[PDB]
Enquirer: 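Complex: ganetespib : Heat shock protein HSP 90-alpha.
Just so you know, residue 1 is the first one in the sequence shown, and it goes up from there. Header says: X-ray crystallography, 2.0 Å. Atoms within a ligand are numbered from 1 in the order they appear, just like the ligands themselves.
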Amino acid sequence: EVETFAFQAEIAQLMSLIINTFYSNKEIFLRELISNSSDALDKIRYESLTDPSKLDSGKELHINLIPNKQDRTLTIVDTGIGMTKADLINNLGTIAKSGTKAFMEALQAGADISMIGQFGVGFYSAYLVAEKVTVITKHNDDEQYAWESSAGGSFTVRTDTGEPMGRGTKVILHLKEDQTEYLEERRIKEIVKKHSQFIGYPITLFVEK
Ligand SMILES: CC(C)c1cc(-c2n[nH]c(=O)n2-c2ccc3c(ccn3C)c2)c(O)cc1O
């Protein structure tokens, strides 16, 4: 069963801005998603400090980057704390309505789209490069769910039928036709070293074929 939800109006406006504004520095999406994964890995690590059983669903703490040129997807996988169904629905664990306000305003002061993460809504920068985003997630206290949106004002949530991931989150970017440079090994490597060099978890870039 698939449930369909309307985005809050501020978030719809944020996504419409990101999708349609001329902005060439689109590579920042990858910094924001890796940074979110790092935050989520810090969270399960912190929680395991007092309850080691929270790592029963997987002790490895890492980030995988999986390009697939045939499907034209770039997938970011982490083994962080994951998100519950209620988290997913409430703007993927973000305070997105106020963060959008503080952002879509701060733009009016002296601000650039690349500062989106300072306002807690860096995830939505995925729509600089993706026409659709699927978020598959598993939190210790809930089942595995898939969130999906092609923007246009709505998103869906469903129980996920794919492979069990134990614990963590998978962001599948269905790339725009003219954004396939982010499937290229050298380009992903360049972005990671430029923006993510001091992330404290191993980042594995998968190769293809
Ligand atoms: C939001 C996107 C989809 C995303 C979320 C999670 C996730 N799993 N468990 C969590 O708490 N988070 C998380 C982590 C950081 C965040 C929020 C909200 C705002 N910041 C700064 C939520 C992830 O591991 C990867 C991701 O790309």
Enquirer: I need the residues around ganetespib for a figure - heavy-atom cut-off 4.0 Å, please.
Expert: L33, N36, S37, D39, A40, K43, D78, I81, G82, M83, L92, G93, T94, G120, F123, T169, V171
Enquirer: State the atoms of ganetespib, each with its element, that fall below the 4.0 Å cut-off from a heavy-atom position in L33.
Expert: 27 (O)
Enquirer: With a cut-off of 4.0 Å, which atoms of ganetespib are near a heavy atom of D78?
Expert: 23 (C), 24 (O), 25 (C)
Enquirer: Output the list of atoms in ganetespib that are nearer than 4.0 Å to some heavy atom of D39, sorted by atom number.
Expert: 15 (C), 21 (C)
Enquirer: Would you mind checking which non-hydrogen protein atom is closest to atom 6 (C) of ganetespib, with the distance to 0.1 Å?
Expert: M83 CE, 3.9 Å
Enquirer: What atoms of ganetespib come within less than 4.0 Å of a heavy atom belonging to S37?
Expert: 24 (O), 25 (C)
Enquirer: Please state which protein non-hydrogen atom is closest to atom 9 (N) of ganetespib and give its distance, to 0.1 Å?
Expert: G82 O, 2.5 Å
Enquirer: Counting non-hydrogen protein atoms only, what is the nearest one to atom 19 (C) of ganetespib? Give residue, atom name and distance.
Expert: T94 CG2, 3.5 Å
Enquirer: Tell me, which protein residue and heavy-atom name are nearest atom 22 (C) of ganetespib, and how many Å apart are they?
Expert: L92 O, 3.6 Å
Enquirer: How far is atom 1 (C) of ganetespib from the closest protein heavy atom, and which atom is that?
Expert: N36 ND2, 3.5 Å
Enquirer: To check your reading of the model: name the closest protein heavy atom to atom 27 (O) of ganetespib, its residue, and the distance in Å.
Expert: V171 CG2, 3.4 Å
Enquirer: Provide, to 0.1 Å, the distance between atom 12 (N) of ganetespib and the closest protein heavy atom, together with that atom's residue and name.
Expert: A40 CB, 3.9 Å
Enquirer: Which atoms from ganetespib have a heavy atom of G93 less than 4.0 Å away?
Expert: 18 (C)
Enquirer: Within the 4.0 Å heavy-atom shell around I81, which atoms of ganetespib are there?
Expert: 9 (N), 10 (C), 11 (O)
Enquirer: Should you measure from each heavy atom of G120, which atoms of ganetespib turn up under 4.0 Å away?
Expert: 19 (C)
Enquirer: So which protein heavy atom does atom 11 (O) of ganetespib come closest to, and at what separation?
Expert: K43 NZ, 2.9 Å
